[PDB]
Asker: 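Mind having a look at this structure? Questions to follow.
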Protein chains: 2
Amino acid sequence: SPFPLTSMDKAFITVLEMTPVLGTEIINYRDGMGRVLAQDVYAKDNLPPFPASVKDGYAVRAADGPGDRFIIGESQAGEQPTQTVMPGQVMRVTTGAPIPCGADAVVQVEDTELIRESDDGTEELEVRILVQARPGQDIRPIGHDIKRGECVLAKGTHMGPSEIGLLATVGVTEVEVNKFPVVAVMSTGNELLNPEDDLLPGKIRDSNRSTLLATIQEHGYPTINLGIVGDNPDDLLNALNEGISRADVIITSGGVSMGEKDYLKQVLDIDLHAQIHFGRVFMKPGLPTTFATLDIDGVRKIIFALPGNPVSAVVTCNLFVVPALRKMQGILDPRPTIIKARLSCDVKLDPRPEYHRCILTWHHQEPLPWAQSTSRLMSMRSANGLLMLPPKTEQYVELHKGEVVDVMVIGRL
Amino acid sequence: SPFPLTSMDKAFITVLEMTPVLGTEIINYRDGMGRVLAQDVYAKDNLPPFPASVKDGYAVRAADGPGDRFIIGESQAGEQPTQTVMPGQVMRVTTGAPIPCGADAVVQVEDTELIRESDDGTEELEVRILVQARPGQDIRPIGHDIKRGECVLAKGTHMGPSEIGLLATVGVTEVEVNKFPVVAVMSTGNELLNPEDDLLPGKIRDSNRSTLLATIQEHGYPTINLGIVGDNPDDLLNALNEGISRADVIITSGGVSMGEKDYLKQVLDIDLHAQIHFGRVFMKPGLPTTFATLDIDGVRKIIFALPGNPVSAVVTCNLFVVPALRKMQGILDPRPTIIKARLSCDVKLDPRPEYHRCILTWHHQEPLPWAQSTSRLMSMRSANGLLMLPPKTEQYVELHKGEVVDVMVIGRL
Ligand SMILES: Nc1ncnc2c1ncn2[C@@H]1O[C@H](COP(=O)(O)OP(=O)(O)O)[C@@H](O)[C@H]1O
Ligand SMILES: Nc1ncnc2c1ncn2[C@@H]1O[C@H](COP(=O)(O)OP(=O)(O)O)[C@@H](O)[C@H]1O
Ligand SMILES: CO[C@H]1O[C@@H]2O[C@@]3(C)CC[C@H]4[C@H](C)CC[C@@H]([C@H]1C)[C@@]24OO3
Ligand SMILES: CO[C@H]1O[C@@H]2O[C@@]3(C)CC[C@H]4[C@H](C)CC[C@@H]([C@H]1C)[C@@]24OO3
Ligand SMILES: [Ca+2]
Ligand SMILES: [Ca+2]
Ligand SMILES: [Ca+2]
Ligand SMILES: [Ca+2]
Ligand code: NA
Ligand code: NA
């Protein structure tokens, strides 16, 4: 128009406020990594479901005290005992085996001495108990860890390996979760060739599509590759319509500044009738970043039209797209983690808030990491942070090596 | 035997020293996430491959100075111009378009005023240049960003999205990388049922297999599910032989303490003829953790026999297995990231170094994160750290809330 310069705060809040939460589906628990539960999950059994030994040793009567005992048998892991321990008797137990009737404590083998075994040294017959056990010692009573009827996982839980293991424990193998967003990515520009092409005069290879798709995939979301689209409104409209049909989220790059052949914003508004919430952001890089929604058939589609410059595209993808995707897949607080780190070099501040990929490194002595902006060993590592520099003011015009700055985590630390 | 209590330092060093690096394979660049390059990668083209405009504006002769100029045409993105700019002339350019012959600078449109356009307002004819440009301004010369013949990625680089984008840029779509390890996981114990089973007397559901497989999958490595194996040497040997055939790494859990039906270490030594490098570790939890190698047909197989206790299994998997897998897939320094964090509560120290899953959280004010050991909102989050508590000494017997401790990162922050 030009569109108003939207502040970074307002643009980010607008993305989260306008992005929908996807519907739910039932999945197998093994497919639950990174999913958010849409239901509370309850145990239908006690854990342990029988009183269970914590130790290799003997199930005893605490009231017998220390002394010499006849071993009446062994409680085997996986088998309910049938014998009752009576005074002067014990039963051998292993870790995880059930406690027999008549015993109220376990004495670990280290607190015993063997007296007699069968001539074939395969059976223990008599043992000396060297300690006074307390009732209940080294036994997990029924339900000690989980009780039947207990809610073991709450709706809203963002699951990792231990939550999957908990579902396995309680036998809840099918769970309701939010869907993951399907994200379509297209590149735009008459100068672009595919990565697989040799160069032709006036042309370059499309890198943004690969970088953006890889970024989305790294977060676990399914993607659709919509290819390269030329700088013309008909082709852009057709590609957007395909994205809308096939995906929940459409990411484009290129064609969002005010250039003679930058058509995306016109197509979004005039042809698609999408609502453009912002078309410029007061940020460096990323000035022409554009965010639109399209409500069709009771469904809200999300469209990010990112800048064409490759660094701008990947930075703005991490700032705006990834948090939106996290909200869509049901994460209750979708904001990225921000950590404090020390600047590795002096920096002159821009009037705009400025963002730069960096590598966070901890030195085993120092409490704060260093942020090295993108060495023989550092060239081996991928960026895992986005430095977040404050706007310059009449007071603060520069920051110095060692000073503390905010860094958004964008990769595995 | 019992096996010697191996110090944590020695056990960890032994794992890394004895673990092999896998062989290489050629992959498509799109499949490169998390891979390590086994070759240097070179650009075969310049970037840009033509002198490219940084701006929407006009390609000018700097020597003409400011003034009124005839527009002789437009350089289009993706098209080599054919006209030569002569004195008193300019050519319209867009960002990324080639600079025509005869021009040596770009003046952005904001530093100009239009004089005349065609009656049909679709063609600019005459423009006022308001600034004195410097030769080269707002042009990326050929090779400014990447030069033909330049090494753009070194062998040993652990690739993320931006490295994939760089491969796309230079058109190197096939790259040599280290293989990922195939990791087989089995559970052991006569008391175990599958997650899909209803409980039977004396039995519990196998959770370790799910938790361990999910942990490995979270790191991107292919897995093989070897199921549940009973406490008997024949079945254990057969399952290990299947793992050895199908996988690079075999993980078991259970059956590694000194109990009457704990057979794994006997099978590994006597039947498989594997070399057990350690069979106990002075750590809490994880005392019976076992690490073995098996050299067969010039190939080194890796076997981790982890403790059966579910918390021990997941802790020891993160401490020993994940670093080994990182070395196998070619990461040069496979050690996890260790960060400094503040303890959320007082802790009594054990004679053994102690490890506990926790959640790291940053508060937007404070420089160090807090480590909360595994709240309405915190129950929504998965563990992302492993607290690393030091052994007790005659001097240090306890640590207090707020004191700084080491935390190993085990999840996305
Ligand atoms: N997919 C892409 N891969 C690599 N470079 C790109 C890609 N798309 C655009 N570019 C380049 O980025 C720069 C800006 O492109 P442009 O389409 O003008 O972005 P915008 O108009 O959104 O600011 C140009 O140099 C252009 O060639
Ligand atoms: N896969 C599993 N899932 C859940 N619990 C398990 C699993 N394997 C073993 N356990 C339990 O862990 C505890 C220790 O098992 P055990 O086989 O004695 O380990 P180890 O001998 O290696 O110390 C027992 O209570 C046992 O039932
Ligand atoms: C409202 O926008 C402000 O908060 C936001 O939330 C968080 C918690 C998360 C990171 C970051 C968000 C990605 C962009 C906006 C900035 C700030 C400008 C951001 O910083 O910190
Ligand atoms: C040699 O073992 C010591 O260093 C190791 O390396 C690092 C850098 C990485 C984490 C951790 C490793 C997983 C276990 C051993 C500890 C220590 C006991 C560990 O701490 O810090
Ligand atoms: Ca363009
Ligand atoms: Ca443009
Ligand atoms: Ca067992
Ligand atoms: Ca055991
Ligand atoms: Na930009
Ligand atoms: Na253990």
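The sequence lines are taken in order and lettered A, B, and onward as chains. Residue numbering in chain A adheres to the PDB entry, whereby the residues present occupy positions 319-692, 698-736 in order. Using the numbering of the PDB entry, the residues shown for chain B are 319-692, 698-736, in order. The basis for the numbers below is simple: all heavy atoms, side chains too, and nothing from hydrogens, waters or symmetry mates. Start at 1 and go down the list; that is how both ligands and their atoms are numbered. Looking at the header, which is where the method is noted, we find X-ray crystallography, 1.5 Å.
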Asker: Which partner chain accounts for the most atom contacts with ligand 3, named as in the PDB entry?
Answerer: Gephyrin
Asker: At ligand 3 in this PDB structure, which drug or drug candidate is present?
Answerer: artemether
Asker: Quick one: what other chains come closer than 4.0 Å to artemether (ligand 3), going by heavy atoms?
Answerer: A
Asker: Looking only at protein heavy atoms, identify the closest one to atom 11 (C) of artemether (ligand 3) and say how far it is in Å.
Answerer: A/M711 CE, 3.6 Å
Asker: Does artemether (ligand 3) have any atom that is closer than 4.0 Å to a heavy atom of A/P654?
Answerer: yes
Asker: Judging by distance only, is a nitrogen or oxygen of A/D327 under 3.5 angstrom from one on artemether (ligand 3)?
Answerer: yes
Asker: Please list, in number order, the atoms of artemether (ligand 3) under 4.0 Å from a heavy atom of A/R653.
Answerer: 8 (C)
Asker: Identify, for atom 10 (C) of artemether (ligand 3), the protein heavy atom at the shortest distance, and state residue, atom and that distance.
Answerer: A/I656 CD1, 3.5 Å
Asker: To check your reading of the model: name the closest protein heavy atom to atom 6 (O) of artemether (ligand 3), its residue, and the distance in Å.
Answerer: A/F330 CE2, 4.1 Å
